[PDB]
Structures are given as C-alpha cells and as structure tokens.
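So the structure is just underneath, and the comments pick up after that.
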Amino acid sequence: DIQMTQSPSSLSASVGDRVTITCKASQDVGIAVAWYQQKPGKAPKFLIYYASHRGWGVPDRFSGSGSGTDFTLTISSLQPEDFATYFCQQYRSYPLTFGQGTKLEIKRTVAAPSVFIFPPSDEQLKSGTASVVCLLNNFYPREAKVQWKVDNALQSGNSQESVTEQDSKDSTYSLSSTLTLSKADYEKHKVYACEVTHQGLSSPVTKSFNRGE
Amino acid sequence: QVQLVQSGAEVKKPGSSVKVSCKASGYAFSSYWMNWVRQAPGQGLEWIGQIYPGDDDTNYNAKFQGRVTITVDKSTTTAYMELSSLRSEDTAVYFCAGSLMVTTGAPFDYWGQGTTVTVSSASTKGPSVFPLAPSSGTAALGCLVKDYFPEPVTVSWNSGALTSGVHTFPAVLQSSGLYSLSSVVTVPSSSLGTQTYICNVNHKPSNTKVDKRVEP
Amino acid sequence: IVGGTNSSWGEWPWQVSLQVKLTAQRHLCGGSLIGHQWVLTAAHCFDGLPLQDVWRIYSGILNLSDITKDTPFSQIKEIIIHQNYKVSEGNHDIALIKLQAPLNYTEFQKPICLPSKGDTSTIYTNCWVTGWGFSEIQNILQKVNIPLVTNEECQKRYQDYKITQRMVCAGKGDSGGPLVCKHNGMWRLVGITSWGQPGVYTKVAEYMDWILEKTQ
Ligand SMILES: *[C@@H]1O[C@H](CO)[C@@H](O)[C@H](O)[C@H]1NC(C)=O
Ligand SMILES: *[C@@H]1O[C@H](CO)[C@@H](O)[C@H](O)[C@H]1NC(C)=O
Ligand SMILES: *[C@@H]1O[C@H](CO)[C@@H](O)[C@H](O)[C@H]1NC(C)=O
C-alpha cells in the first residue's frame, strides 16, 4: 500500500490568508492525487484531481500542484467557508489510500480558559460511581492541558477528555475532563483538584473542592 | 440532480454482518464505479472497495477481502456493501462515492452523506442524567448524561429557551462500552437565585426522556 | 458521476482533435489514437482537404479554447483513406492518419484498444461517444451514453440509405469521433461517427483486416 502523509496535521489561518497543505506519498504516484474537503459530520467534497485540476464548481482559489511523491494544496484567499479538514488521495495503484487529513482552523487571539470544577452529584453517588467534571470554557488555542490531583496525587488512566469544535461566534474551544472513580475510592480522599495548563495562563490554574463540603 | 442517498445508521454486535445501501439517481448508474469508503473516528479515511454496476466487476481492499461483498441492483440503481464477521474496530461512517470518470474508478467526485455503523456487544440502555450543580461574574451549569447506548443523545436547555453559552461535548465511549456526554452552559451567577434551568435529554433509541433541574 | 456530459482530464485519453489552420484555426473532426503514430478517424473529414500540410492534430486535450500557438500538435505524415470510400457516398467512411512523430503515452494520451476480428457479432451495452460537437463548438470535451441498435431495427428509419453490416447505429458528437464500449472490463473502439434519426457509425470490427494491414 502507498502511504500518504499530510503536513501539518492542523493549521490555523485567517480569512484572506494564503495557506498551503502538503501531502507526501511513500511511493511515486505520478500525478494521480486528488484532494477532498470535509466539514464536521458531512461527506467529503471533491476539490482536485490529477493533482492540479479543479473539480466541478470548485472556486478558483483552490490550487493543486506537485508530482512524484510530493503534492501541495494551496488556497489563495481563505473564505470562512474554507475552514475544514482536507484529505489527499492517491489512485495510482490499488488499494486507494488517503492522508490522515489536515484541519484548517480559524486563527484567534489567545484566550485563557475559565475553569470550573463540579463535585459528583448525590444521585450518582447512590449508584456506586463518582464523576467529577472539570470544565474549560472558551479558550484558544486548543492545546490546553488538564491534570487531576487527588490529595495532591496525580491521577492517570481514569480520566477522559472531550473538546468541542470552534465556536461559530468567538472561534474559541471548550474542553471537559471527567475523572471517574468508584464510590469506595471516591470517599477515600478529601481534596479533588483540576489543574489546567494553557498558553494563555501565566501559571497553571487549579480549581479544587473538599469532598462533602 | 445527482444524488447518493445511503441507508440509516446501524447498530450491530460482534460477529454479525451489516448491509449498507446507496441509492443513486440523476446519472448513468451502470457506467460509473461505485466506491465504498469508511471513516473510523480515529483512523481517517479507508477505501473498502468498488463495483462497476454495468459488468458487476469489483475490486476490494486486501484488508477487507473475505469480509466485504459489494453488490448492485441495476433495477433500483442501488449499490450495497455487506461487511461480515463484524468487529468493534469496524465502527465507522461508511460512505458510497461515485467515480469522477466513466473509464476509471478514482477519484470520487461525489459522496453519500455516510452511514454510521456501530459494532458493540453492549445493549440498548437509557441515559442516567446527573446535574453539574454550580458552585458559589458568570457561573457554569451542566448536565452529565452518562451510561447510554447507542448514540446519539440530544440535550437542550429549557426546551430551547437557553441556547447562548451552551456547550454539548461529543460523547466518549467508556470502558463499560456505554457512551457518556456532558452539556454545560454559563449564566450570570446572580440569575441562579431567580431562574430555574432544566436539562432536557432525549434518547430516541431507548425512547427515554429525562428533564433534570440544575440548582446549587 | 457529476458534470453530466462534461468530460474530465484523462477520462478519454484516446480522444484527439483534428484541426486545419487556413486563416483561423478551427476544430473540424475528432479521432481515436490507436497507436503511437496512428490515428483512426472518418474519411469524409478530408473531402476537399487532401493536403497533409494544413492538418494539426491535438492529443491529451480537453478544452479546445485552451489551444494556443504554443500548444503542441501532431502533423499528418500519411492519410490512408479506405480505397473503397467515395466522396459521394458514406460507405466505407474509415481513414487512417499516420503522425510524423510518435506520441508518448501519458495520463492524458493513451491508445484505445481495437476490437478483435471475432467481435463483429458481439453486443455492447455500455457505449459512449465523445466529441466537441455543435449545438459553435463546445469548449469542453463532451460525453454521451447512447445505446446501440441492431442493423435490422435501424434500417426502418434511414429508409433513404442502405445500412450495411459494416455500420453501427445508436440513439455532442464529432465527425470521426470515437464510439467506445466497455466489454469484459476493457474499453474498445467499436465505431467511428460518420453521419453525426439515429447516429450511424462505421463498424471498426469489420475493418480490422484493413487497419492491421495498413498499420503494419
Ligand atoms: C458543463 O460545462 C459548461 C461550461 O462550459 C457549463 O455551462 C455546464 O453547466 C456544464 N454542465 C454540467 C452538467 O455540469
Ligand atoms: C476553457 O478555456 C478557456 C480559455 O482558454 C476558459 O475561459 C474556459 O473557462 C475553459 N473552460 C472551462 C469549462 O472553464
Ligand atoms: C517523448 O518521447 C520521446 C521519444 O521517445 C522522448 O525522447 C521524450 O523524452 C519523451 N518525453 C517528452 C516529454 O518528450
């Protein structure tokens, strides 16, 4: 199989910027490379074929180039509708293969997260499980880091993080972290803290609560 | 116009088989290759196989060979993909895509909207809804929708009367095999003593509707 | 599956455009590239234009408006019109063009396989005709899926003309343009447009002996 490596995995840009996505084939694919655009939850849309020729009704700002093992997709002037994930496909030989995708994101001024921590509700505790949720609200960029401390003990492997897409208004992200503990283990300790490290924060912000208080 | 309309979402158990259909219209169905591509939530796009309806010629990705059978019904201009011996790793959105060219199978100038196929031994279960009570100038409310299967679950606040600042995070598949979801909203801390907030959670697959008030 | 009759780059790589530069260069006829140096077209395209000096042949071309003086072209070295062809008649409307320089096969320039001698009686179901026909000349190479009709059924309409066994009927199509049909997964040049009621095409299968003899 011919592997297709896209670079970068993510890319932040602004309306009117000129952005370039590169795709590298592990083997010579000639010019048998196509590009697709996919927005969240929707089907991929066909942009380029044979590495340079636009598809049906594709705006002229989309430009493809390259040959051999290196290929490029260029958008001359990003419109707000152009922010999406982009895939390169090779069809020189079967099986057909795609790149891992390059996500175009709206560039925004740095925003620090608002951190909230929620103790497990009484109803859930009656079920024998405890979920403590840490909320990072309206921050940018996406790379905020979250750590869970139980009595100053760094938890690991028992927390799941979910993040939203860029808000349609403020282009900010929101992230939720859920530390899941059994009721037996939840009551073993007193202090539960969520420590967040983000680009926009001078020092990590830690929100904590005392169990039962 | 040219349309590719696929069947609805499917929930299957390991070892069973799923048959995804793709009803094509608006073009010469028999003269174009129909390609099947799946997009796993964490493995990007993966081409499965293709069929030329006119001659019923098929090409399969060697990964899926022995488990995928792509067939067509010329009468209704419908293509099918039948993936057998389903594994949990087969959970993905399956697309049908028409070739750009009459003379070759790739690239794909048009795609179907996709069919979400979920492979899991878990059984249908309604969501357990818990409140993320605010602490004590914006305060954060929330709603922990936990332990439900299959997806999706819809969450709205005050029956839609409160959409500003509402963030419903994507569901996460847990070790139990059930999905969990949290929906949060930020409102003025002063308003907490005046307004009541209701988390409206609808899970059609289980026909369960939960309305949980969130208060300090 | 999108685009309708509009073709895509490399979809019909055998398609060539025959043009003459007398005062203002214009497209006159289409042709099928059948080899590095050989192009197959209709004889009547040369009625009144026998000189080889004026003919320009473009291969790997989709949009005729993109042709410029800098655009490469092939010059005719030999025009082999079928000996039995007569200007006053449409019978035996097959001509062979030998290019002065061999062409390189690329993603946009490829030969079209010719039918075997035994393929005179076979029936084709997935047939296409491509050209820059009239409505002016369409800029983008057009493709039309047309069904084939038996000679007996065709003769009922062209009562004024004798449809011989060496002709095919069907029914954006150029004089001398290809009529290709996909059989056994391989595209073959089944006919050559001769009369543009149904279209009538010279049956390339019957002329294989003449084609190979002249070609070799
Ligand atoms: C084909 O291309 C022409 C432009 O030359 C356009 O006007 C026409 O709408 C196109 N047809 C289809 C079916 O896309
Ligand atoms: C064909 O080329 C001309 C210029 O040579 C261009 O204006 C036209 O847009 C092209 N065809 C299409 C369908 O874009
Ligand atoms: C085309 O064919 C000629 C003769 O075989 C060869 O010299 C040349 O490198 C080929 N490629 C191009 C771009 O001319």
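Letters go in sequence order (proteins before strands), and every chain restarts at 1. Note that these values count all heavy atoms, side chains included, but never hydrogens, waters or copies made by symmetry.
Picking from ABBV-323, STAR-0215, PGT121, MEDI-493, the compound at chains A and B is STAR-0215. Here, the main chain in contact with STAR-0215 is recorded in the PDB entry as Plasma kallikrein light chain. Using a 4.5 Å cut-off between heavy atoms, B/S99 contacts chain C through its backbone alone, with no side-chain atom that close.
With a 4.5 angstrom heavy-atom cutoff, B/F108 does not touch chain C via any of its atoms.
If you measure heavy-atom distances from B/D55 to chain C, the contacts under 4.5 Å come from the side chain alone. In this structure, chain C contacts STAR-0215 chiefly via UniProt domain Peptidase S1.
Considering all chains of STAR-0215, the greatest number of heavy-atom pairs within 4.5 Å of chain C is found for chain B.
Residue contact with chain C, scored on non-hydrogen atoms closer than 4.5 Å, involves the backbone and the side chain of B/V102 alike. If you tally non-hydrogen atom pairs under 4.5 Å between each of B/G98, B/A97, B/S31 and chain C, the highest count goes to B/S31. The binding site of STAR-0215, defined by non-hydrogen atoms within 4.5 Å, is formed by C/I1, C/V2, C/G3, C/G4, C/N6, C/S7, C/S8, C/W9, C/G10, C/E11, C/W12, C/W14, C/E107, C/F108, C/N126, C/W128, C/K143, C/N145, C/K182, C/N184, C/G185, C/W187.
The molecule name the entry attaches to chain A is STAR-0215 Light chain. The deposit refers to chain B as STAR-0215 Heavy chain.
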